[PDB]
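Rilpivirine:HIV-1 reverse transcriptase, p66 subunit complex.
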Amino acid sequence: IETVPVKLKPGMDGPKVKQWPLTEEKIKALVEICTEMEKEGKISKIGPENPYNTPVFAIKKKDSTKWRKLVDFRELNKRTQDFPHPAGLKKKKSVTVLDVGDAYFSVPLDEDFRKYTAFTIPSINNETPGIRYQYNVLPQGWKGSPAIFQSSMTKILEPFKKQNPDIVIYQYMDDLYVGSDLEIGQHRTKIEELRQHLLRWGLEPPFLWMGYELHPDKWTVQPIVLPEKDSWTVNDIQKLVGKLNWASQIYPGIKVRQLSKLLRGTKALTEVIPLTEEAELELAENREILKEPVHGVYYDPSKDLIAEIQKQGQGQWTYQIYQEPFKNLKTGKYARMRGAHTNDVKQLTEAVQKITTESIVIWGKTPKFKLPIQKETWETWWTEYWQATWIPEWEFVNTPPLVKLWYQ
Amino acid sequence: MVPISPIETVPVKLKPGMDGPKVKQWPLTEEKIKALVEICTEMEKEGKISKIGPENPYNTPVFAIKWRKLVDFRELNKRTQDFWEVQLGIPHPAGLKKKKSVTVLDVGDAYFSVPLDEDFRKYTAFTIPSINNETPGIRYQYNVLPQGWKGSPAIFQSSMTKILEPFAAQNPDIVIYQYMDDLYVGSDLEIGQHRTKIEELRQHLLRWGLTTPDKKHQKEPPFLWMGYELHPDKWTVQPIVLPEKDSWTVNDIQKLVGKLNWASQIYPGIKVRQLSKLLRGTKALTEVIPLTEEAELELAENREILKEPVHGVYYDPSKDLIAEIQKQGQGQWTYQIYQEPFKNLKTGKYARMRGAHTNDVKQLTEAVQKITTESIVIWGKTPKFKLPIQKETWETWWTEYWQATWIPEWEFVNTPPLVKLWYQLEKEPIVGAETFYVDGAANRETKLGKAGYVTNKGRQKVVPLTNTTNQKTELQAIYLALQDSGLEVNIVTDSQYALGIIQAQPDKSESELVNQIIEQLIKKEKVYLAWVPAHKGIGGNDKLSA
Ligand SMILES: Cc1cc(/C=C/C#N)cc(C)c1Nc1ccnc(Nc2ccc(C#N)cc2)n1
């Protein structure tokens, strides 16, 4: 009810980010949403004295038919002033993600900072002036919101935590992650118990009823594996030596000397080469090395997480998360990419969101993505398939990696 | 007297850390001073300016031009905050809807009913010099937005919009658009109902004390606006006239391309590649340049396209948008957007991006994304595409390409030249095909090198090379293997560089060597390219680096 003073970082001005083009349906959804928010006092119209801007669009959360406003505060968040992650969350058998972002609207925003939350609802073909608003309350997606609302959330959650001490509750931006070990039916009733426990405080939230269910305990380690074959061709051995050479950047004691000595001569690629005793032993020793963890791998909260993704074909995608090259903190593979059997970009967009979710659960922050896609293609489509209330950072890969072959 | 509603003032600030202007008034002739004194007396009477005391420390120079008054706000403008500028994105005519009637209202006097933020007025101070400098100069400050001041256009437009919003909202059967000192009001209503709407608008504006000329506006359809001609049921660009000349100058060509680019939004098939090529690297505006034979053709082709008027139609929201693309050659692409056959809303073009290697499919994809984004802007939706690429071709491409890629709903249209895939590498080694182990190396100092191969059949070649590099020799080695092999071939290289290029699947390159390789790939039936790491004792695969 009383506002927290908030400031931008030293020597830095507010965001001036262009509104990107919106479809008719998203414009109409935003006009409807903002008209209601304006009546509720959550936002107010602004004048030309405010030159700041942040992009806005609208999405449909997974399994819903109600449009949700999504502000892209990435620039503002970088420019905003700065204000312990639970290692147990990723170990729970079920985690339900709640959208609690609506709660932030109950807290007023510092009068002097509001101008920096300016956004624009554009018109088709710019035929009428864009509708200009700023926030009067903590906005969804702004990093300052969870920080300012934190004392309030803890108070709301106290009785539920007291009565359920083994439940892990973790907040990231507008998301609430609720983890327990258990049977699912009971789990869903704690989540519902939680819900009602929050509704009480409110007295209605459009998306609180929703539950996004995860099972991070089912997530795990994906290591390097070598083929097991009875007949090796020249091509098979060349591929094996290539993979091992690559793996030797990750694992010290990998050797290819004896295997390479099978590749001596100038043989037809499809010709079968019997393994020598020396070559099989080297191969066996390499297998054993690859069963061990990578050495000197640690997470540092002061460094960025980086996520790389490869398209493997047939709807399959591989990814790695690291801070230092060759020191992967997590690797994984997605073989489904549902609903995008004929759409690469939708598949990639879902992969990005899934990887970000894993990252939030494990380290409590989002990675910077290296995306195997041309900038123009991504920028034109990702908002059509986006279903999360946060947005990570990304860059684009224009040169095909050889590494793709090693994660196949 | 009838009470009128005041216009809300916009609070204005100087940029952080900056003070107002303190600029010296230039001397003026006795004649100019008298002119300014009378002008300002009238403005003072009109309430636009007010005399101020000697305490104000700010000043902006004023001039007299042959009289009229000019206040030079360049310094104050530098010191004034940034504003939201709504006009940055202008409507494209192809997105407009047709109208039976469009009326113009003059609102030029309304502009001076906009008051200036009281606290900012002090910064607008100026001084009329006194005759012979024997008395203190007459000091004035503005009470209304000054012409030439940075904030005036944004504040004026926002103030007018705010006034017009309730009228537009309660009268959805009309459209209202402001440009300069005019309001344009369009509708599809019966003329009697439409004229009634205009009088109601005039009555609405009166509430803010804003008067509009009873005498009808002189401007009437067609309208000359932002380089376009707007008619009730069609639009075009203003006349495009290509000059006759015996000699062309950098500047002339820049101006030519500009007109052609402008023309290209409704004249189909405009091309500018060869003319733009003449501008490469050099920017000496007076330097005459001889036209290539290719540039002369391009220009001749464009003159023919422009020989007579072409018009676009307006947008009908009750119908689909269709976008059709053609390949023109040399990285050039052209398109038309229409709802009904033979009636374009607009046209346009796309050019290949600068880069080392490329292929037609990638370019087609890029053009599609450009048109998609343009269409979201203009119409708020994606058009149904008609593309010169077979469905089977597209499927092979995107399923095998290492990047994610997507094209929205589209259909094949069979009009040459068709976009196709010119080669496809094998996924597995070819049984029965000769295996070529290739390599090359060069010396960095003397730039001498070698490229060659050895095969399972005992075939061998080494070629000595001059003026070369490691990367070129690696490509040359692959080229030799392609040249000297049969229709099916397995090729083994250690070149990460060469792998990175072919895996990008180029069909054309800035490297003639790569182009030679592409021409060879096109002639093969089957080609499997295998990579191995260098210097690891692999057979066949380097010593021959000697
Ligand atoms: C953007 C715009 C520029 C001018 C430009 C005014 C000037 N100068 C005039 C108007 C009225 C508008 N606004 C809109 C909005 C929707 N459909 C249209 N269609 C439309 C506009 C003019 C003519 C004509 N003749 C026909 C159809 N105009």
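Chain letters run A, B, ... following the sequence lines, proteins first, then strands; residues in each count from 1. For ligands, and for the atoms within them, numbers begin at 1 and follow the listed sequence. Looking at the header, which is where the method is noted, we find X-ray crystallography, 2.1 Å.
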I need every copy of rilpivirine for my figure - which ligands or chains are they? ligand 1
Note the other chains with a heavy atom under 4.0 Å from rilpivirine, by letter. A, B
With a cut-off of 4.0 Å, which atoms of rilpivirine are near a heavy atom of B:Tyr314? 23 (C), 26 (C), 27 (C)
Looking only at protein heavy atoms, which one is nearest to atom 9 (C) of rilpivirine, and how far off is it? B:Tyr184 CB, 3.7 Å
B:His231-rilpivirine polar pair, N/O distance under 3.5 Å: yes
Proximity flag B:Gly186 to rilpivirine, non-hydrogen atoms under 4.0 Å: no
Atoms of rilpivirine close to B:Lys97 [distance to a heavy atom under 4.0 angstrom, numbered from 1]: 17 (N), 18 (C), 19 (N), 20 (C), 27 (C)
Report, in ascending order of atom number, the atoms of rilpivirine lying under 4.0 Å from any heavy atom of A:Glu127. 16 (C)
Checking a contact table here: which protein heavy atom is nearest atom 13 (N) of rilpivirine, and how many Å away? B:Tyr177 CB, 3.6 Å
Which molecule name is recorded for chain A in the entry? HIV-1 reverse transcriptase, p51 subunit
Tell me which protein heavy atom sits closest to atom 22 (C) of rilpivirine, plus the residue, atom name and distance to 0.1 Å. B:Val102 CG2, 4.1 Å
Contacting atoms of rilpivirine, where contact means under 4.0 angstrom from a heavy atom of B:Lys99: 17 (N), 19 (N), 20 (C), 27 (C)
Identity and distance of the protein heavy atom lying nearest atom 5 (C) of rilpivirine: B:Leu230 CD1, 3.6 Å
What is the nearest protein non-hydrogen atom to atom 28 (N) of rilpivirine, stated with its residue, atom name and distance? B:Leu96 CD2, 3.7 Å
Which covalent bond, if any, links rilpivirine to the chain, stated as residue and atom? none
Mind listing the residues near rilpivirine? I'm using heavy atoms under 4.0 Å. A:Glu127, B:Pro91, B:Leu96, B:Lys97, B:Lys99, B:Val102, B:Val175, B:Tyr177, B:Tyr184, B:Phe223, B:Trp225, B:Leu230, B:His231, B:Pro232, B:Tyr314
